[PDB]
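Snapshot of selinexor (bound form) at Exportin-1.
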Amino acid sequence: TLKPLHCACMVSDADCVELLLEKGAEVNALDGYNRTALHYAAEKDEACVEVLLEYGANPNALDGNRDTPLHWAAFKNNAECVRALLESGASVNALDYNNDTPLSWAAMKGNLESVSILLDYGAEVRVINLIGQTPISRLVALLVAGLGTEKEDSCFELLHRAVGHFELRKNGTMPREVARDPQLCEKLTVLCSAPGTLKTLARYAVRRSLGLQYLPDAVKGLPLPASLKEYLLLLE
Amino acid sequence: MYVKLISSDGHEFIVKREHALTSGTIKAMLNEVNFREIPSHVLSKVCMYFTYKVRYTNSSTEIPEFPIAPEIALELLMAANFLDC
Amino acid sequence: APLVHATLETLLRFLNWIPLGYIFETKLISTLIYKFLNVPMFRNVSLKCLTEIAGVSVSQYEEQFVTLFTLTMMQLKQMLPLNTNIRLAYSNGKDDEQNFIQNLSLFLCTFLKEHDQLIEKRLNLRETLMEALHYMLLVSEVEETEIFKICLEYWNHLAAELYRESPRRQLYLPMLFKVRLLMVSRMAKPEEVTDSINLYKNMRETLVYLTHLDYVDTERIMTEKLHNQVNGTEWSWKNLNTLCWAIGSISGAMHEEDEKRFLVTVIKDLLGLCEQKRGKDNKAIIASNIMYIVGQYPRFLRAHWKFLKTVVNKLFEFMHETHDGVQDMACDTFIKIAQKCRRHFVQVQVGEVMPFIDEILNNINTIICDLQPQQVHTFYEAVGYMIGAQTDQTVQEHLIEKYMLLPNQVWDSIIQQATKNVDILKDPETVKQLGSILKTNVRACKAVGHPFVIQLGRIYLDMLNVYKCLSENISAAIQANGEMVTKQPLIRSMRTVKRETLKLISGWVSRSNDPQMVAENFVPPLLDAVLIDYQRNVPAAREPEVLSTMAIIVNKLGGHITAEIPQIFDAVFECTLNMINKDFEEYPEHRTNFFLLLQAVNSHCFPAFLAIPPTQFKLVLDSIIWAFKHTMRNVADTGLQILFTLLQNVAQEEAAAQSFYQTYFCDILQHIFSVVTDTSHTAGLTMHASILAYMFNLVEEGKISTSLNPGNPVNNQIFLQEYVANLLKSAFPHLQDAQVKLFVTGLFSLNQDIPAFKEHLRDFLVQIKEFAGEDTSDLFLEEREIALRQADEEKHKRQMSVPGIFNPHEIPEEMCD
Amino acid sequence: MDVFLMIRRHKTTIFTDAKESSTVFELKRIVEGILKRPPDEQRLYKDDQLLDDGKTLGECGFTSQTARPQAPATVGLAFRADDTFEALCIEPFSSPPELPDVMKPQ
Ligand SMILES: *[C@H](CC(=O)NNc1cnccn1)n1cnc(-c2cc(C(F)(F)F)cc(C(F)(F)F)c2)n1
């Protein structure tokens, strides 16, 4: 099924992958499961990811379901791997067969660090997949199940600041799972019934106009004060 | 009943006091207000936002998106920071 | 060559008994390997021979063992390099190669299990030791059950040894990871989703020890395997099932916070996998796996209220699934959670307005609309546990009243219909419904406990009425079409209704608390409904439960029911005795319940025997004698216990003690001595010594107060001595008179010391057996089986101290809150 | 149902709203209440097209879908001076500054 470079990536040894690549190994070779060595490297460690990228590995290689290594780095919550992939030209809004972006997978599990990096690189929060789910919807589904902690709450706050305004109510009623929780239902209805402060909407427009960049570097050149520069990066 | 806001370039916008009080700065500062740094093309959008916020407060239906063009987004953000909106 | 093979086989057969001098001092330990083991023809047996040597376990001869290990390992390396794939070789290999692999595994396992400490204290052989371990890993890849059992034996031994010491672990550290993988990769199927049970228990114990040795490695392995399942690689139903079994079998081994992290990650991954997969089959498999996982780890559910509520709601959702097996798994998980987290459903939780029990009770009819009757019973038992967790009496009463509302209304409708027309009780649907309702009541009573008296008292009088009617229907059928009609489905449905009535009564009474109330309110109607009906029915129609029920009451009411015992006996005793004594395989349940009732009456209501007519008391004694003269172990044991207790009790009835002695002392003594000499109940020897020692003591202290000789007065001691001597002589005429006299005198002198008495009797019987060609091993059974028991106890006491080895639902040490 | 308007004249702008069924006379009454001018000396324009006072606001080009709170519909205004009506004059808002290079489309 898999090939020696894939095994080296799985075992997470940078030396083996580096020496194998040193003899012109086919870096972008598929395998039995239609993955690439970079998929395993992203799933496992950042040293392997860096070694593979140094030797021309494609950062947007697709797999059976059209999932790039960034999808799996975000799902696994390998923040260093996510940053390494994005820094080498990976698509931050790549869509798989289900129209699932890496941010959607990160928010599904409430991965704070990966979500923060993806937003820093311009990930879109106002995105919906084929079955009508959005990153905030999936995070709320995680929260209502009682499996969330302070990290998940911080992730929700980050996504709420990044989105500007969201609406979880189909027709005029919250989903069944949310509706049965009096506290979270009340909180989310209050959030969804507020139009949204002008500052948040302006920040969303500015960020969208900056799309697909290392936003903290881009905002440095803007004529805004320091406080508004910090605001534009979701730091307040 | 009505307040009058003056732009930096001389444009005057007359809005209902209830709408104008949506801005914390306006409420603290106030039958007329003057701004020396907000251009007319931004103050008009600010008044539009006052109306939009008052209309859709505590709405049961989906709130439509507020249109902000990229050209004025930066100045609009600065103005919103100056005000409390 | 055939002669050599036969000689080697004979040596192997006799190797165990040969003195160790001829084994470890000669040149055999090298001849076998340098002369035969290289030759395939004598390979297998030769290797087997070595295994036997490795099993000697002698304190000395360390150098011999070390040399054997080294030379054998080098030989095996020569004839089977470590680079080979043992799995494929066994699969496609001939019989000879498979046998060689099995013998290699056996030898390695036995020798390591015996002298691992001996081998591993040599710094020069360290590498070879690891080599040996490599083989044990390689052979562990074989799919056959016997080879894997052999390997698992050694793996379990090694894990237990390493855990016990806390070092030596550093010696095995660089390879234990492999074992962990194996345990997770080959996990056996738990008996929650014989040889299989033992395999699962051994695998669970080994994995629990290994995780105790390293929590981080186990967590990493399980999470990596789960992710591999998620990312498509190595995805399969069997892989997912084995991984989830491995995850579940670890419950209790980790600390609470590490368990929290691990379970959160696992649950998130499983939910993501469920979302990813499409199709009813895959989703059902994943749901069953998640149900099994959450069924364990009650601690996590206890610590997380919102997740527990979500899980319960999801179980209610699954209860409507029509897919095969989903409803049963949902009900099983629900009852597990209710048992282990009962107090969290009755008390108001953070963020709640009312306890969850109220919500469950309000929607009970909608939840169980699609369940089968047994699943409904399980659901009702689960809810009953939570209701019983309610400490407040009034709130509990209201909860119980709401709890039985639907069964109560169906029961009331049926009862009203029967009152309108009794023939409705002959309708098969009505009888089936009554049986189901009574089964639900039985389960609810089991779950709740004593407070269920609120429900029982509601239906009691009606229930005993229905009972009577059904009895009247059965007796007619038997009277019309004979006993064969008892095979009819309707007749057995009616008998099921009667059995459930009796089971409900017994279940509540066994958990009762107020004997006076039970005696005043419940006993009289029950006796009136049950006794004559049992008496007049044919043996094929009599319900054994009746007897059992009586026993239960006699155990709880004691003196409060001593006045009713005479009529209980008048109605049941002679009938059941005639039923049982006739044959030893006809009615096992009737015999068991009969002796249970007799024991209860003797222990708690002895004075009743005095009021019982003398002929019936003689029947009681005859039943006891027939019991302790039986062949089966349990019957003889219970008969002996009843006889001993009866003797002790009658010793306290001064008015009747003398009459009882004068009437039955010689008969009981003769029967006891006959059974002792026959040696048909060696397992009961101790009990015999307990009884005889007592009986003799009675005449030793002059408590008989009368001459046992019927003709003329004479000292009781001398008469008893001569009588027992004559009994022994008749049993064993060949014995000399002086020998018998001295033996009986010594036996009589030792009546004050039960151990000495039993040892004297055992020595006499052993001498008697040795006089003939008989074997004395059986006489000592009473000892060996005790020792075995002790071992088990130690084993149990050893496993309680290791968290996670025992299932969370197996330990009766339920925590608080 | 409700239509939101931005009445404009020179540099003056009035944000208001009215029912679709309301007539232009009520809008002129509101303009009086704001700027204190008799309706007889006011005239409203929708895209340089004079509006007859009798017409109901709905039947004109104004509709709820077209004119929303976040996008009001402009309505030019003209007063009467020295027994004559001034030409419709609307001062455009200040032009926004050039978009910075960073914010431009890639
Ligand atoms: C399929 C996945 C699904 O139905 N919902 N996915 C969720 C739910 N909540 C949060 C995030 N994603 N699927 C299959 N089985 C389950 C499931 C089973 C159980 C069990 F305990 F009853 F087995 C519980 C739950 C849980 F977590 F309580 F929602 C889900 N989900």
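Chains get letters A, B, ... in whatever order the sequence lines come in. Chain A is numbered as in the PDB entry; the shown residues are, in order, 53-288. The numbering of chain B matches the PDB entry: 17-46, 58-112, in order. The numbers used for chain C are those of the PDB entry, and the residues that appear cover 219-384, 404-430, 448-1071, in sequence. Chain D residue numbers are taken from the PDB entry; in order, the displayed residues are 1-106. Going by what the header records, the deposited coordinates were determined by electron microscopy, 2.5 Å. When a ligand or atom number is given, it counts from 1 through the structure's own listing order.
Taking 4.0 Å as the heavy-atom limit, the other chains contacting selinexor (bound form) are A, C. Heavy atoms from both the backbone and the side chain of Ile544(C) come within less than 4.0 Å of selinexor (bound form).
There is no protein heavy atom less than 4.0 angstrom from atom 5 (N) of selinexor (bound form).
Residue, atom and distance of the protein heavy atom nearest to atom 8 (C) of selinexor (bound form) are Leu525(C) CD2, 4.1 Å. Residue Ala193(A) has at least one heavy-atom neighbour below 4.0 Å for each of these atoms of selinexor (bound form): 10 (C). With respect to atom 2 (C) of selinexor (bound form), the closest heavy atom belonging to the protein is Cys528(C) SG, 2.9 Å. For selinexor (bound form), the atoms sitting less than 4.0 Å from at least one non-hydrogen atom of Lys568(C) are 4 (O), 16 (C), 17 (C), 18 (C), 19 (C), 22 (F), 24 (C), 25 (C), 30 (C), numbered in the order shown with element in parentheses. In this structure, the protein non-hydrogen atom closest to atom 18 (C) of selinexor (bound form) is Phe572(C) CE1, 3.6 Å. Covalent status of selinexor (bound form): bonded to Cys528(C) SG.
The deposited model's entry lists chain A under the name Ankyrin repeat and SOCS box protein 8. Using 4.0 Å as the threshold, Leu194(A) has no heavy atom nearer than that to any atom of selinexor (bound form). Heavy-atom proximity to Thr564(C), at under 4.0 Å, picks out these atoms of selinexor (bound form): 28 (F), 29 (F).
Here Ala541(C) has heavy atoms under 4.0 Å from selinexor (bound form) in both its backbone and its side chain. The atoms of selinexor (bound form) that sit less than 4.0 Å from any heavy atom of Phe561(C) are 27 (F).
Residue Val565(C) approaches selinexor (bound form) through these ligand atoms, each under 4.0 Å from one of its heavy atoms: 21 (F), 28 (F). Near selinexor (bound form), within 4.0 Å on a heavy-atom basis, the structure shows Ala193(A), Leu525(C), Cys528(C), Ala541(C), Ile544(C), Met545(C), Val548(C), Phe561(C), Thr564(C), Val565(C), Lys568(C), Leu569(C), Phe572(C).
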